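Next up: a structure with acetazolamide.
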There are 2 protein chains.
Amino acid sequence: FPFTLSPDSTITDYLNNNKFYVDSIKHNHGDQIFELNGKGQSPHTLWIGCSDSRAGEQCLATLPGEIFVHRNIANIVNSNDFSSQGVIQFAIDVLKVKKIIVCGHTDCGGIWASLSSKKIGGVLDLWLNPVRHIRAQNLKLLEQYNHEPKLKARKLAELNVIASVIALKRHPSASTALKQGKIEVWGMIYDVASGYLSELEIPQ
Amino acid sequence: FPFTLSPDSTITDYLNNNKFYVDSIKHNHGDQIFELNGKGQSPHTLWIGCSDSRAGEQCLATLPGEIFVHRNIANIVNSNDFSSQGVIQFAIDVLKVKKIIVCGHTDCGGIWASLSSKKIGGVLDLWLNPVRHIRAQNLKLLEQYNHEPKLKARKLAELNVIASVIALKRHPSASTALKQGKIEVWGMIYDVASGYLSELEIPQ
Ligand SMILES: CC(=O)Nc1nnc(S(N)(=O)=O)s1
Ligand SMILES: CC(=O)Nc1nnc(S(N)(=O)=O)s1
Ligand SMILES: [Zn+2]
Ligand SMILES: [Zn+2]
């Protein structure tokens with residue numbers, strides 16, 4: 001009801017809110033935006049975030065052709081995952097992006113699951129292992145957040161974003177581009193209960 | 001630049017765009033949306049589309065908390081990829097999504113890249129192999145359209161979307177959920193030069 005679509009929504013329902021979209025841009029910006037999207041893309045930023053339906057890059061309200069997006073569970077950058085590492089290769093080599101964002105978010109069930117032992121099944125257990133490694137690397141800290149669980153999940157969330165950062169900093173194309181200074185990289189948290197973005201201090 | 005941001009944009013410019021984004025949803029919907037998001041997420045759709053800066057789910061004009069998203073290069077579903085297969089497991093088994101969408105698009109360079117004889121390099125060459133294997137699998141058809149490559153790409157991008165759809169139906173959860181009729185799956189194309197979506201027939 002409050003959301004724009006519903007599970008009962010018919011195919012044409014979806015296409016209607018698409019017809020809107022098209023209409024909305026053609027009013028605020030005319031045909032210029034779509035003439036450029038058809039010619040080519042020159043995005044200034046690549047977004048690496050979690051697949052959560054609330055933490056999408058929509059939180060930056062951008063026109064198409066501006067943000068290169070990659071989204072998976074728990075916004076993890078695994079060096080041994082050809083999906084992410086391949087995106088980085090293209091974002092830097094060909095498009096020459098000028099800013100890379102990796103964004104976790106509050107209420108990331110992928111984090112709350114990592115703090116649990118209850119096996120999940122299928123690939124998720126293995127896919128979430130890189131965060132479990134953080135849970136162990138920083139328990140001496142995390143154990144203190146016992147009676148305050150919400151703060152526990154937030155801290156591990158930030159650490160996961162920090163880990164995903166250092167992982168992307170070690171990518172050859174990213175490493176070669178930083179030392180030259182032609183790229184910036186930021187870490188951020190999307191607060192799901194407020195819509196605001198918070199930058200994360202990144203250690204060296 | 002008619003775009004909202006610019007490659008020279010500072011960090012402060014990104015926050016303002018976010019602050020804006022927050023203002024719109026509150027103005028038009030109050031604190032309601034971010035109060036629901038703050039509690040949890042119950043999206044109705046799984047979006048699996050290319051990562052292109054122009055083919056993002058924003059072409060549905062949806063609010064946060066509606067679309068569980070995953071995006072990679074060329075919108076490919078390979079049963080040997082942890083990230084994607086893990087998203088499919090979570091979307092159907094837990095979130096109990098009602099409809100899934102696989103969306104290629106036009107001018108998808110990953111398709112055009114698979115239409116050249118030279119290698120790309122890095123980890124990208126072997127990420128695109130599923131597409132190249134489809135170009136080979138259907139050259140009887142790709143043997144036409146050589147008159148105009150634009151039409152050829154439109155067909156391969158199509159075929160790629162299709163293939164990704166059946167591979168998705170091969171997921172255990174997906175196979176189980178579809179047989180029970182507890183879920184739908186659609187295949188679409190996002191025409192980048194006009195912003196309209198186009199449904200694609202998906203055979204058996
Ligand atoms: C097993 C697992 O990953 N659990 C999930 N819970 N929430 C998720 S989210 N915020 O990435 O959509 S994933
Ligand atoms: C040129 C190449 O190697 N492929 C890419 N071209 N477009 C891509 S996109 N639209 O999926 O981001 S990837
Ligand atoms: Zn998450
Ligand atoms: Zn593409």
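In what follows, chains carry the letters A, B, and so on, assigned in the order in which the sequence lines appear, proteins first and then strands, with residues in each chain numbered from 1. Structure method, as recorded: X-ray crystallography, 2.7 Å. Heavy-atom basis, side chains included; hydrogens, waters and symmetry copies ignored. We count ligands from 1, going down the list as the structure has it; atoms in each ligand are counted the same way.
- Put simply, copies of acetazolamide show up as ligands 1 and 2.
- Here the macromolecule bound to acetazolamide (ligand 2) with the most contacts is known in the PDB entry as Carbonic anhydrase.
- At a heavy-atom cut-off of 4.0 Å, the other chains in contact with acetazolamide (ligand 2) are listed as A, B.
- Other ligands and ions under 4.0 Å from acetazolamide (ligand 2): ligand 4 (zinc ion).
- Source organism of chain B, per the entry: Candida parapsilosis.
- The contact residues of acetazolamide (ligand 2), taking heavy atoms under 4.0 Å, are given as A:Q41, A:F68, A:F90, B:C50, B:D52, B:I73, B:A74, B:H105, B:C108, B:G109, B:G110, B:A113.
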